[PDB]
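Shown here: chlortetracycline bound to tetracycline repressor.
Chain IDs: alphabetical, in sequence-line order. Quick note: numbers on chain A are straight from the PDB entry, i.e. 2-155, 165-208, in order. Quick note: numbers on chain B are straight from the PDB entry, i.e. 2-155, 165-208, in order. Remember, it's 1-based here, ligands and their atoms both numbered in the order they're listed. Both backbone and side-chain heavy atoms feed into the values below; hydrogens, waters and symmetry mates do not.
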There are 2 protein chains.
Amino acid sequence: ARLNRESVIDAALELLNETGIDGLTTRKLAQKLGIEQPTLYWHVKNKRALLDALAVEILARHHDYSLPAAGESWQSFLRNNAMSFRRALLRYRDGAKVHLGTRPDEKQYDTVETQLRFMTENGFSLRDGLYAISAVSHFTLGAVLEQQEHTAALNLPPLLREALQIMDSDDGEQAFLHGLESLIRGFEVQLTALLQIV
Amino acid sequence: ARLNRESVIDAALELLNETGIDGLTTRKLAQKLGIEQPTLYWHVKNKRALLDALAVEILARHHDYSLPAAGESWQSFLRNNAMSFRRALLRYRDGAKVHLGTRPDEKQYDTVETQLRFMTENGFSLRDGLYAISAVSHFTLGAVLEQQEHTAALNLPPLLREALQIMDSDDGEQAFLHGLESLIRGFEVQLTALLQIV
Ligand SMILES: CN(C)[C@@H]1C(O)=C(C(N)=O)C(=O)[C@@]2(O)C(O)=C3C(=O)c4c(O)ccc(Cl)c4[C@@](C)(O)[C@H]3C[C@@H]12
Ligand SMILES: CN(C)[C@@H]1C(O)=C(C(N)=O)C(=O)[C@@]2(O)C(O)=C3C(=O)c4c(O)ccc(Cl)c4[C@@](C)(O)[C@H]3C[C@@H]12
Ligand SMILES: [Mg+2]
Ligand SMILES: [Mg+2]
């Protein structure tokens, strides 16, 4: 096996799709790579080091809308950025549980710094721009996690029976997209209100 | 040990606080209860059966605002219900990862049926009332999961340094509460718009 960082990240992503996150271990990864575990240890010290790097790589590889287009509104940037974030988290089995708990890596510093500056340039204070960006992140992580965990870990009253048919009718994309519009409209109301009672 | 359902759920909650969810196993629970694992098997068939029952019990025990008060508005019910849901999920180590992926249990049928009927009585269609209730659930699960997983699994530019001080200044409660108001205001805009272009 070639054991530079990119081929270790590639076999580990491959293995996450096959086993999920609880079945991903350095002993299984060494066997996939066809090397002994001391050989693997030289490259990958532990499972946290590995999950930290996968969380960065899945967004580097798949999260394409990380910055505003030139002249794009803050509303449009949040919509687009959230949908790209959903799409990157859903690309791999347990992608959202791999993200959970990470913080921006050094490789992401400039990207996330730009996102926050862009909201302050749009009128938000830093804290309000942060609370908007975080509410979009938490709603998206929540929606993808319920979806992915629902299919991993596997007498009704009339409206629940029907709620359950609706829920299960697609990937959760329509419920997501409609909730996203409500979130962005609530922030716009708050932005424009300024100091008036809203 | 007494091994009726309530004392097994009690020792298992106790054990979840000590070990977290990945260290919670029927072998560790049998040792906590001081019985042999065949004795435990008669009562608890497996870890999924156990996590399913804990997800129901933590809300039964701690989620107190599950129904609207008499005369309460839909806005106020969503605010209060979300905060109670956050509070119940945060009461135990990995409480939100225990919830993840469950669906309403038979013991919760009447409660969730009422919640959906209440939104349709407030003007929502069933699907729109469902999308509002789900967006509140997903945002709350997302915010508590990022919080709990951030503390479990353990050169900055100026606005990220400052974002990071703000984030970490409390439990995530202010970011949660502010995002909650934006979500509820976005649904109200959408409810009242009816068929007009909004
Ligand atoms: C999904 N989108 C809203 C963000 C995004 O697109 C990111 C990105 N690298 O392109 C993120 O890292 C993010 O997805 C993301 O994961 C962020 C993040 O985790 C976070 C945390 O943990 C603490 C402080 C801060 Cl400043 C952040 C924060 C706001 O930078 C976010 C940004 C979101
Ligand atoms: C946090 N709050 C919005 C809800 C709540 O308070 C519940 C409760 N038992 O009191 C739930 O079970 C909920 O927290 C909760 O977990 C629900 C839930 O999981 C869910 C899923 O999985 C699929 C279909 C439906 Cl109809 C539901 C649904 C909308 O009943 C929700 C309700 C939320
Ligand atoms: Mg993140
Ligand atoms: Mg639920």
Item to check | Mapping of chlortetracycline to structure | outcome: ligands 1 and 2
Item to check | chlortetracycline (ligand 1): other chains, heavy-atom cut-off 4.0 Å | outcome: A, B
Next on the checklist: Mind listing the residues near chlortetracycline (ligand 1)? I'm using heavy atoms under 4.0 Å.
Outcome noted: A:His64, A:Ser67, A:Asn82, A:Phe86, A:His100, A:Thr103, A:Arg104, A:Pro105, A:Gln109, A:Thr112, A:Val113, A:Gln116, A:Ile134, A:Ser138, B:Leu170, B:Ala173, B:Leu174, B:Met177
Item to check | Distance filter under 4.0 Å to A:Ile134 heavy atoms, resulting chlortetracycline (ligand 1) atoms | outcome: 3 (C), 29 (C), 32 (C)
Checklist entry - Which residues carry both labels: UniProt tetracycline-binding in chain A, and heavy atom within 4.0 Å of chlortetracycline (ligand 1)? => result A:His64, A:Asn82
Next on the checklist: Give me the nearest non-hydrogen protein atom to atom 33 (C) of chlortetracycline (ligand 1) as residue plus atom name, then the distance to 0.1 Å.
Outcome noted: A:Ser138 OG, 3.5 Å
Next on the checklist: Okay, neighbours of chlortetracycline (ligand 1) under 4.0 Å, other ligands or ions only. What have we got?
Outcome noted: ligand 3 (magnesium ion)
Checklist entry - What species name appears in the entry as the source of chain A? => result Escherichia coli
Checklist entry - Is B:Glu147 close to chlortetracycline (ligand 1), meaning an N/O of one under 3.5 Å from an N/O of the other? => result no
Item to check | chlortetracycline (ligand 1): covalent bond residue and atom | outcome: none
Next on the checklist: Wondering about overlap here: which UniProt-listed Mg(2+)-binding residues of chain A have a non-hydrogen atom under 4.0 Å from chlortetracycline (ligand 1)?
Outcome noted: A:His100
Next on the checklist: I'd like to check which chlortetracycline (ligand 1) atoms, numbered from 1 as shown, lie under 4.0 Å from a non-hydrogen atom of A:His100.
Outcome noted: 16 (O)
Next on the checklist: Can you report which non-hydrogen protein atom sits closest to atom 27 (C) of chlortetracycline (ligand 1), along with the distance?
Outcome noted: A:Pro105 CG, 3.9 Å
Next on the checklist: So for chlortetracycline (ligand 1), is A:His64 a polar contact partner (N or O within less than 3.5 Å, distance only)?
Outcome noted: yes
Under 3.5 Å: N or O atoms of chlortetracycline (ligand 1) paired with protein N or O:
from                         : atom 1 : to       : atom 2 : distance (Å)
chlortetracycline (ligand 1) : 2 (N)  : A:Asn82  : OD1    : 2.7
chlortetracycline (ligand 1) : 6 (O)  : A:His64  : NE2    : 2.7
chlortetracycline (ligand 1) : 6 (O)  : A:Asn82  : OD1    : 3.3
chlortetracycline (ligand 1) : 6 (O)  : A:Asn82  : ND2    : 2.8
chlortetracycline (ligand 1) : 6 (O)  : A:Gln116 : NE2    : 3.2
chlortetracycline (ligand 1) : 10 (O) : A:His64  : NE2    : 2.9
chlortetracycline (ligand 1) : 10 (O) : A:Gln116 : NE2    : 3.3
chlortetracycline (ligand 1) : 16 (O) : A:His100 : NE2    : 2.9
chlortetracycline (ligand 1) : 22 (O) : A:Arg104 : NE     : 3.3

